[PDB]
Structure formats: C-alpha cells, structure tokens
Colleague: 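The following entry includes cannabidiol; I'd like to go through it with you.
Each chain is given a letter, A onward, matching its sequence line's place in the list. Numbering, chain A: per the PDB entry, residues 287-381 in sequence. Going by the PDB entry, the residues shown for chain B are 667-692, 699-715, 722-728, listed in order. In order, the residues displayed for chain C correspond to 75-128, 134-415, 432-560, 591-692, 699-715, 722-728 in the PDB entry numbering, which applies throughout. These values consider heavy atoms only, across backbone and side chains, with no hydrogens, waters or symmetry-generated copies. Contacts are counted only within the shown part of the entry, which is not the complete deposit. Both counts, for ligands and for their atoms, begin at 1 and track the order of listing.
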Amino acid sequence: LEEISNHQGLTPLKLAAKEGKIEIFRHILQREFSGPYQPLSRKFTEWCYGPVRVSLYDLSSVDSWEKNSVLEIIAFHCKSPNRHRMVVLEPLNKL
Amino acid sequence: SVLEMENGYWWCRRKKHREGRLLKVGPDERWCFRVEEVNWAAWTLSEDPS
Amino acid sequence: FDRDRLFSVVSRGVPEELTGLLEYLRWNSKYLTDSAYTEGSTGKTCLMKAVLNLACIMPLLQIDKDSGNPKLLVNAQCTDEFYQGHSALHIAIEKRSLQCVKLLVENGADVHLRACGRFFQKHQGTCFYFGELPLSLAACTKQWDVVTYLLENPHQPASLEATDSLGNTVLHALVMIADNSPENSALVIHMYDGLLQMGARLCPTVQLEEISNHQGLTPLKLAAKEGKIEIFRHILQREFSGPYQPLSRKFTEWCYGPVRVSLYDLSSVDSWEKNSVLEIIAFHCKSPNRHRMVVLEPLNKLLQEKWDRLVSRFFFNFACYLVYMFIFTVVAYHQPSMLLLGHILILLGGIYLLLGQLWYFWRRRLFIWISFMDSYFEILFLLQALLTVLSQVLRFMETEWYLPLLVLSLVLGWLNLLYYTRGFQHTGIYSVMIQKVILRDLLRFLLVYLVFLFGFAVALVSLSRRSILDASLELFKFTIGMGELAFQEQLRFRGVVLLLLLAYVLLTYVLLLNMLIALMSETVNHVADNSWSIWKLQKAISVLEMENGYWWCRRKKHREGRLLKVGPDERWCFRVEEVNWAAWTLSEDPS
Ligand SMILES: C=C(C)[C@@H]1CCC(C)=C[C@H]1c1c(O)cc(CCCCC)cc1O
Ligand SMILES: C=C(C)[C@@H]1CCC(C)=C[C@H]1c1c(O)cc(CCCCC)cc1O
C-alpha cells in the first residue's frame, strides 16, 4: 500500500512531508510492530546488550540516493512554516 | 546546503553513493540506517553485538 | 555430529535431536572447545549459542564430562579482538536469567573471567563498559538476585575486590556508568549502597572505598574526576542505621530541638593530603558541570572557612600588585635620582612574577590545555612578566626599541588587575558555556567587521581615485561616531562615492545592532544561579593555589577539622550546623 503514488507521484510518506503534516510523518517514519506484523515495520532492533540498544531505520524513500526523496521534498518542495521541525526527527537528524 | 552540494558542480557531476547497509530483515532486503541509543529504564534481528 | 548441525540443534533447545554427538567426539578424538567446532570468526562456541537462544544446556555440559576434554568449555573465551573475553556466564547475566546463572555456576563456571574485548572498553563509539568482570555486569544491570547469588554461593564466590584491566573494582564500575540521569542515578546509588552493606557482611576487614585503580583514584575520587555529580553527592553525604553506622560518612553530634549539628567525614576531601577531591574537582576535572560540584553541603561550607582564613592574603596580593603597577606607571611616565631605584623594582618585580608564574605552569600543564577559560589569566601574567623583564633587557642591550614593549607591558599590566575582580560579586552573568560562546562570536564579529572595513576602504580608494590606511581609518571613525559625510563636488563619481558611504553607514549599524541583539538573547535565555556556582568555583581555584604558598616560601598546610572517635575509628570530621523545624546522636550534650 505504501508504494502507491497519486497523480503527483508521491507516496503517502512523501505526501506527508510535502504537505507539512509532521504528526503522521513522524509516526510513519518511526514505526514498529509485533511478530505477526514484523515485515510491516520501518524501525528494527539489530541487537540489545543491556542498556545499549541499536536501531535500524528503513531508508526506503528517505535517503537522497533516489530522485524525489523525502529529504529533497522537505527541504525544497515543502512550503509549510514548520519545515525546521521535520529534520530534527530521530532518523533524519542522525542521517 | 548538503543536498545541493552532494549533487556536485556543474562542470563535474559527482556520483551519489547510497547511505546505509543492505540487511535481510526477514526474504525482504532493506537499506537500513544504524542508530545507537542508550536506555537505563527499559529492561532483536541479529544474534551478537557488532 | 557436524559443526553446522550442532549449532542448529542448540538453537531449538531440544536435547533429543542431538544423539550420538558424544560418541562422535570420541571417534574423532576432538573436543567441543576445538577451533573446528567454534564459529572461527569470533571463537563463539556451542554453549554460547545455547545461552543466547534460551534446557539443552545441562546435557551439553554433561557430555563434556564423558569426553576427555582438558579445557572446560564453560570457561571458553572469545577470540575476536572486538568481542574478546566474553563468556557464556556473561550471556546468562546479560539475559537476566537467574536460573541459567545458577545452572552455569554450579557446573564449575569461573566467576573471574575478564571481558577485555574492544567492545567492553570505554570507547567513543559503540561500546559498553561494566568493569571487566561478571560481578560488575550484574551490578550495572539491576540484578540484586544475581549479585546475591554470586556473592553467597558455596561453589565459587566472587570477590568484591577483583579489578578490571584498569584496576577498576565493582564500585569503580558503578561510577563509570553514571550519567546523571534520574533513571541512571537511582540505578547507581541503590546498587552502590547495597554492595557496601553486603561488603561489610562478606569482607569486614577489607575497606572497599580505599581501593584505587591504576590511576590511583578511589571510587569517591573517580566520581569527582569523571563529573558524575549524582553518585558523588550520595557518597559525600551518606548515613546509615546502627548496624551500618561505621559505614557512614555523615554523623550527628548532638540535637537540641530544631538545632542540629552534622559531622561530615573529610577522609579524601580536605586538601591537606595530596590528590584530594578539592584538587581533583577544580583542576583534574574536565566536565562542564564543575561549578555544581562545589555547591554541595559539605564542600560549600568547607571552602568558606578556607576563603575566610585566607582572604587577607588575597587582598595582600591585590595590594602588592596594585602598588607595583603604580610604581610601573610612574617610572614609565618619567622614563626619559629615585628613578634609578624604580628601574630596579621593575626588573625585580618582573623577574619575581616570572619565576612565580613559571612554578604554576611547572606544577600543572594539562589544566591550561583542558580548560583555557578557567586559568586564562595565568597566561596573561606570564606575558606581562616575561615582557617586562625582556623590556629592561633591551634597555641594557640598547636597541632603542624597548619603549614600545614597555608601553605595551604597561597597558597589559593594568588588564591583569581585572583578575582580582573575581573576589567580589560584580553581578553580571556567571557562566562558562555562555562566556566561551560570547567570546567566540565577538572575535568572529571583529573579523567580519575588519574585512568589511577593509573591503569598503579599497572600494572607496579606487572609486575616488592616503592609500588604504587613511581611507580605512576614516571609515572606522564612523563607529566612534566621528565619520565624515560630505558631497565632494570635485569627484567624477561623487554620487556613487556618497551613496557607497551611505551604504556603509546603514550596513555597520545593522552589524553593531545585530551583535547587541545576539548578545541580548543570551542574557534572556540564561537562568541565574542563586548559589553563584561559577563564582564559587573561581574562588575555590584561587584558594587552593594560594594556600600552597609562594615559590620563595612554602607554607605548611594545617588540616581542617577535628579528630573525633565515631565508634575505635577516628575520623577528621567537619562541623556543620543546620536548623530544621519539621523533623522531630554521637555526643551527649550540645557544644
Ligand atoms: C560574561 C559574559 C558572557 C560577558 C558578557 C558580554 C561581554 C562584553 C563579553 C562576555 C565575556 C566573555 O565571553 C569572556 C570574557 C573573558 C573571557 C576571556 C576574554 C579574553 C569576558 C566577557 O565579558
Ligand atoms: C563588541 C563589539 C560589538 C565591538 C564594537 C566595535 C567593533 C566593530 C569591534 C567590536 C569588537 C569585537 O567584535 C570583538 C572584540 C574582542 C572580542 C572579545 C571581546 C571581549 C572587541 C570589539 O571591540
């Protein structure tokens, strides 16, 4: 479902970035589920050794390697006033 | 700035290297990004730390 | 019977799927600890994988008994440099499986194995440091049951005084994992207190707190150096009940109604002994929250009497420098009878400050590097003393260039007088993080202003065509409020020069005002400290150096406190009096 694009060629994740909907954008970007819905998640844990925990965020449409990525959409194709609050998200801030 | 700068100069376009590592979540392979966090209150895909 | 097959069976956890494996080892004369059956990349063995995929453990250890294995796999060690030293016992403790720990320990597992891998070091990247021993792992993971079992098991008790590769003990490990977080502070404080109580029961003749690592720091000293204020405060202000009374550091001398007097133990805190907590906090600590360390209840009071007892010496130093600077000014003003005496004092005064300042840098060199802003005035005094002596040297070795250096030393000598202003309140804003930020921007603003000043001056010269020096000076007069605005009618591009000059006026007003607005935001987004933590830190640094005495006359240090038998044990305690109207002793009567 997430790879379906509308007439503008934007996925639901990409559409949230362009329209400035930070609330749904953060939830989609940092999403995890249980065993039955494990392949439906975007955040995964690689290993956990006590307090130290490592997470793996899916850079499907986020990384700027592919054209019309989330980073390009947020920085240049977004007109919402709260553009700065988009990049401070946990996977975007680190990447 | 970094998004424009990574595109390269006009006289020499630079190839863009994908950031991340291809991991089989499980199959399905996704280019994930490694982020490390420390939590002292809460008490996995791989088997051993790396 | 195969390496791939053996690891697959242990993951499932069904011992019935592994039959005849022991017979296979006898046939091939191979052991489970051999490199053939290990993972090879990191030395991981079958037992290690079994604990990771948490019954098969007992038969797997049982079949080790049949084969003539000289080396026990229960004490196997990883071989990869990244993850070296990690054993199966470490897995059970990490997985929070008390039953697995009991099963492993009962079968001869060693409790003193060292996990000296790169992952277990205090790296700047991915790492986790819990000492280097299994006992430290349980302490840092909120496992009191595992700690209790590892301390009171008849099979192989774990010693509390065991040290890691750096000499860190169990108490040291709790210090290095502190992060001043509310969740982490409760973790370290609760376990540190519990281990001390268990330590008295297990080893009463061994004092845990006096054990020092390879750097020679006690756990109390280590907390001060590493900047862990949360555990530092708890250790410094510690009291217990009757059974653990000798294990406390804070005691009550007498209580008469609301008036209560407390006695804090100055064991490693008072500066009488070398490498004390006060010396460590002020000079050997690089943590940003150094000011919050001295405002603690025993440290805040103790540093006050040292300042009060030595305040006269501080003003005597101020008076001596003030008189010396007055002598310097008079001699310089009339440098071109008693003037011969004046030059002798200038040479003697410069050589006196130089030798005294050279002692300070000899005793300590890392302090200036780690914290430039803490002792930046030490550098300034060095330049003033060195230049003053050098300037008089050029007077004897006549080169006619001693005057510019003497004049430069005069203005800088008065600037060094601002150092003594730290002995008063002076209001302002007291912060070290802000001051570095403000200083950095002002220097950047000066560079931005100069290039704009230089850029416009060249533009003015070429368009009007003295040189750049006169034109740049004319533009700089605009800041001092002395600029020249006139329509020079004998210029071809008179309008362009006039418009360009007006552009500079509007440009420099924005630049100066922007810095004021930028400097205003720092003041607004600043929370004043009612205890004046920054000011107290500066006073604490000065008194510690001042009490050491001058270079020409070292002064004996008198210990601060009174020797009292707590009960026996005698500790040099510090008297602190407090008044409480809500709560309703060692001595018998008030005194
Ligand atoms: C307290 C602060 C933040 C003041 C407030 C505004 C002013 C003019 C500058 C700041 C400031 C420094 O940021 C640093 C120093 C001394 C540090 C070394 C200077 C060579 C003094 C100093 O007044
Ligand atoms: C402060 C300001 C805004 C003044 C205003 C006049 C001009 C342009 C110079 C500026 C300036 C620095 O931009 C920087 C310094 C030294 C940096 C540290 C000062 C404690 C002095 C100094 O006069």
Colleague: By chain letter, which other chains contact cannabidiol (ligand 2) with heavy atoms under 4.0 Å?
Modeller: C
Colleague: Would you mind telling me which transmembrane segments of chain C have a non-hydrogen atom under 4.0 Å from cannabidiol (ligand 2)? Number them from the N terminus as in UniProt.
Modeller: 5, 6
Colleague: Which residues from the surrounding chains have any heavy atom less than 4.0 Å away from cannabidiol (ligand 2)?
Modeller: C:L534, C:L537, C:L538, C:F540, C:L541, C:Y544, C:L637, C:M640
